[PDB]
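Structure first, then comments.
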Amino acid sequence: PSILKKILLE
Amino acid sequence: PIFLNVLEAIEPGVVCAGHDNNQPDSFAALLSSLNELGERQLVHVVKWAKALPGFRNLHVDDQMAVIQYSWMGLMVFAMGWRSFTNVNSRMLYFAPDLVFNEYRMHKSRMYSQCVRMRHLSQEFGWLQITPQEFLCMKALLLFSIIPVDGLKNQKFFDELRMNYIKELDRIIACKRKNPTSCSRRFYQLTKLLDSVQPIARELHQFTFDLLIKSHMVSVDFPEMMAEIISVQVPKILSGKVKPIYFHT
Ligand SMILES: C[C@]12CCC(=O)C[C@@H]1CC[C@@H]1[C@@H]2CC[C@]2(C)[C@@H](O)CC[C@@H]12
């Protein structure tokens, strides 16, 4: 995704 | 009981839907709020999921996949638990500020799906599920649905799953003598976990149809929501991604 992905690789 | 210490310690807190109760109920308002709630609870799931024992062992890509394919069943499960402990499965406690009474159940046009959700809610009572069984069972849900081809590192996903199954197994085996009750408890609970899948897919179908015509009914979709319902849900509905059942 893109916003989901960020919450994870975070 | 290290595993249990962890599950109990990382359990998400109370999440509000941000619903404006003072507004008359109306399809759009109810669903727009469930979607907002859905988007919020999705954040906690990702944080909850990543702090799970052995989770970061999964290939970062299978971490997205599993979370993206199983949130519906996870959220519906917990929600059935909140309902059971608060409004005693009488109603549907989606959030503190978004409780569904029979009226709202009909008003959102999902009475049928809500009836099945409330049934699940009752099962926690009928089966006398403990707070510990609920937590081990809910962990398992995250590993309960995958693409038919397999994830990046399927060999490892199956390992993690096996361990979580063995845990739910110990949770039952603790504080229980002899062996038909255990063997029997394990049968009831794996059946309960299975019954979650059928409900999940119904909501998947419902939300997908909803998104397609969202702009016709004035129902808003958060960004990760509208994103996941058209990029991951469609593959569950088209048979690419499938639930893993214990029983046949
Ligand atoms: C997962 C949520 C929101 C979180 C929860 O407590 C369970 C509940 C089950 C119905 C879902 C809802 C999120 C938004 C959806 C997906 C609507 O689009 C249609 C079905 C709704």
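Chains are named by letter, beginning with A, in the same order as the sequence lines. Using the PDB entry numbers, chain A covers 115-124, in order. Residue numbering for chain B follows the PDB entry; the residues present correspond to positions 671-918, in that order. Just so it is clear, the values below take in all heavy atoms, side chains as well, and ignore hydrogens, waters and symmetry mates. Numbering of ligands and ligand atoms starts at 1, following listing order. Per the header: X-ray crystallography, 2.6 Å.
- Drug at ligand 1 (options: dihydrotestosterone, imipenem, tenofovir): dihydrotestosterone.
- Contacts with dihydrotestosterone are greatest for the chain named in UniProt as Androgen receptor.
- Other chains whose heavy atoms approach dihydrotestosterone within less than 4.0 Å: B.
- Binding site of dihydrotestosterone at 4.0 Å (heavy atoms): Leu701(B), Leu704(B), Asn705(B), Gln711(B), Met742(B), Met745(B), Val746(B), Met749(B), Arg752(B), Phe764(B), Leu873(B), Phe876(B), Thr877(B), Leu880(B).
- Heavy-atom contacts of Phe876(B) reach the following atoms of dihydrotestosterone: 19 (C) (cutoff under 4.0 Å).
- Using a 4.0 Å cut-off to heavy atoms of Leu880(B), the atoms of dihydrotestosterone that qualify are 18 (O).
- Distance remark: protein heavy atom not present below 4.0 angstrom from atom 21 (C) of dihydrotestosterone.
- Inside a 4.0 Å radius of atom 2 (C) of dihydrotestosterone there is not any protein heavy atom.
- From the protein, the heavy atom lying nearest to atom 4 (C) of dihydrotestosterone is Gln711(B) NE2, 3.5 Å.
- The closest protein non-hydrogen atom to atom 6 (O) of dihydrotestosterone is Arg752(B) NH2, 3.0 Å.
- UniProt domain boundaries put most chain B contacts with dihydrotestosterone inside NR LBD.
- Scanning the protein heavy atoms around atom 14 (C) of dihydrotestosterone, the nearest turns out to be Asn705(B) OD1, 3.2 Å.
- Looking from atom 13 (C) of dihydrotestosterone to the surrounding protein, the closest heavy atom is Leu704(B) O, 3.5 Å.
- The UniProt annotation of 17beta-hydroxy-5alpha-androstan-3-one binding in chain B and a heavy-atom cut-off of 4.0 Å around dihydrotestosterone together pick out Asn705(B), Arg752(B), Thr877(B).
- Considering only non-hydrogen protein atoms, atom 8 (C) of dihydrotestosterone sits nearest to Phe764(B) CE2, 3.6 Å.
- Here the heavy atom of the protein found nearest to atom 11 (C) of dihydrotestosterone is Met742(B) SD, 4.5 Å.
- Shortest contact from atom 16 (C) of dihydrotestosterone to any protein heavy atom: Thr877(B) OG1, 3.3 Å.
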